[PDB]
K.L.:
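Here's what I've got: methotrexate, bound to nano CLostridial Antibody Mimetic Protein 8 VHH.
We count residues from 1, following the sequence as given. Order of appearance sets the numbers: ligands from 1, and atoms from 1 within every ligand. Every heavy atom of this structure was used, including side-chain atoms; hydrogens, water molecules and symmetry mates were not.
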Amino acid sequence: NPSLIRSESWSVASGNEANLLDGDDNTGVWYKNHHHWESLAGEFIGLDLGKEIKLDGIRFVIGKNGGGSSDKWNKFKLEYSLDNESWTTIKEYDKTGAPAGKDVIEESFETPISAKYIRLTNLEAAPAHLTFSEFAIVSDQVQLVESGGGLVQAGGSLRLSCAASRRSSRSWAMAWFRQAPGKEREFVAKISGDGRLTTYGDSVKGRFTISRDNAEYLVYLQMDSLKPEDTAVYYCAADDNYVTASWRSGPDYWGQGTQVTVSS
Ligand SMILES: CN(Cc1cnc2nc(N)nc(N)c2n1)c1ccc(C(=O)N[C@@H](CCC(=O)O)C(=O)O)cc1
Ligand SMILES: [Mg+2]
Ligand SMILES: [Mg+2]
């Protein structure tokens, strides 16, 4: 009956966290981050075992069924604790360049490790889009989602990132739009499938830049020189026609939206 522990900065984008304890490798959770476009060193997910136990091994399934955008940390460690303050490392991992999808992390401890907490902890900046499927111990319907957002001051910068739950063989234009409170949703930027064509709304051109990385399968919106009238919820969207990707009616998929607030 362990329970889940994880970084408080994360938000659930799909699934529910009971799926990480149900004994099923094919159910999981996709996390995002409304405060930052990267998952940074120190973020973690794992188990509070509820008491001390002599651990003989672990089986943690990271990633989750299918393809899609980058979904796993590149460098991270397995570490454990008795008091939830002092951690000891068991193993470090470098999975840089791994394709999307499940990775079953199965470890056996020749001599038992006494712990009440055990977790995977990020070592290096990675996209803030992470999926996990299962956390266990041993003891004797494409969806787009945006990360990044929050409060920044005028003259400051913020970057947004959008990931997808599946990969397509087709070429999709991607676009950002935004809606300020009780104003019509408005086009912000679009980019063609191969990245070579971009266009911007009049009021952001020369301050915002759209770009994409088709290997990570991410689309970005770099927002520089921020102004109070950039305050809005920002949505990423996908359209199989670059011409209509700037129209409200064009896109076939829309993200969940992320609040951006620019104060004076
Ligand atoms: C819009 N798109 C998401 C998508 C596409 N290009 C991207 N490109 C970048 N750089 N970043 C993204 N977030 C991104 N997202 C889609 C659209 C359709 C299907 C989809 O229908 N996939 C089928 C296969 C059919 C197909 O290949 O279209 C499946 O079973 O996964 C997947 C992703
Ligand atoms: Mg599961
Ligand atoms: Mg279409």
K.L.:
Which ligand numbers or chain letters correspond to methotrexate, including copies?
P.N.:
ligand 1
K.L.:
Give, by chain and number, all residues and nucleotides of other chains with a heavy atom within 4.0 Å of methotrexate (ligand 1).
P.N.:
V142, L144, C162, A163, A164, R166, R167, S168, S169, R170, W172, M174, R212, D213, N214, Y217, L218, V219, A238, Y253
K.L.:
Looking only at protein heavy atoms, which one is nearest to atom 3 (C) of methotrexate (ligand 1), and what is the separation?
P.N.:
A164 CB, 3.6 Å
K.L.:
Around atom 21 (O) of methotrexate (ligand 1), find the nearest protein heavy atom and jot down its residue, atom name and distance.
P.N.:
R170 NH2, 3.4 Å
K.L.:
Among all the protein's non-hydrogen atoms, which is closest to atom 8 (N) of methotrexate (ligand 1), and how far away is it?
P.N.:
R212 NH2, 2.9 Å
K.L.:
Pull out every atom of methotrexate (ligand 1) sitting under 4.0 Å from any heavy atom of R166, numbered as shown with elements.
P.N.:
29 (C), 30 (O), 31 (O), 32 (C), 33 (C)
K.L.:
Which residue owns the protein heavy atom closest to atom 26 (C) of methotrexate (ligand 1), what's the atom, and how far is it?
P.N.:
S168 OG, 3.3 Å
K.L.:
Pull out every atom of methotrexate (ligand 1) sitting under 4.0 Å from any heavy atom of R167, numbered as shown with elements.
P.N.:
22 (N), 31 (O), 32 (C), 33 (C)
K.L.:
In terms of residue, atom name and distance, what is the protein heavy atom nearest to atom 12 (C) of methotrexate (ligand 1)?
P.N.:
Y217 O, 3.3 Å
K.L.:
Any N or O on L144 sitting closer than 3.5 Å to an N or O of methotrexate (ligand 1)?
P.N.:
no
K.L.:
Starting from atom 10 (N) of methotrexate (ligand 1), what is the nearest protein heavy atom, named by residue and atom, and what distance separates them?
P.N.:
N214 OD1, 2.8 Å
K.L.:
Test your reading of the structure: does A163 have an N or O sitting under 3.5 Å from an N or O of methotrexate (ligand 1)?
P.N.:
no
K.L.:
Counting both backbone and side chain atoms, is some N or O of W172 under 3.5 Å from an N or O of methotrexate (ligand 1)?
P.N.:
no
K.L.:
Do any N/O atoms on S169 end up under 3.5 angstrom from N/O atoms on methotrexate (ligand 1)?
P.N.:
yes
K.L.:
Under a 4.0 angstrom heavy-atom cut-off, which atoms of methotrexate (ligand 1) come close to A238?
P.N.:
1 (C)
K.L.:
With heavy atoms of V142 as the reference, note each atom of methotrexate (ligand 1) found under 4.0 Å away.
P.N.:
16 (C), 17 (C), 18 (C), 19 (C), 20 (C), 21 (O), 32 (C), 33 (C)
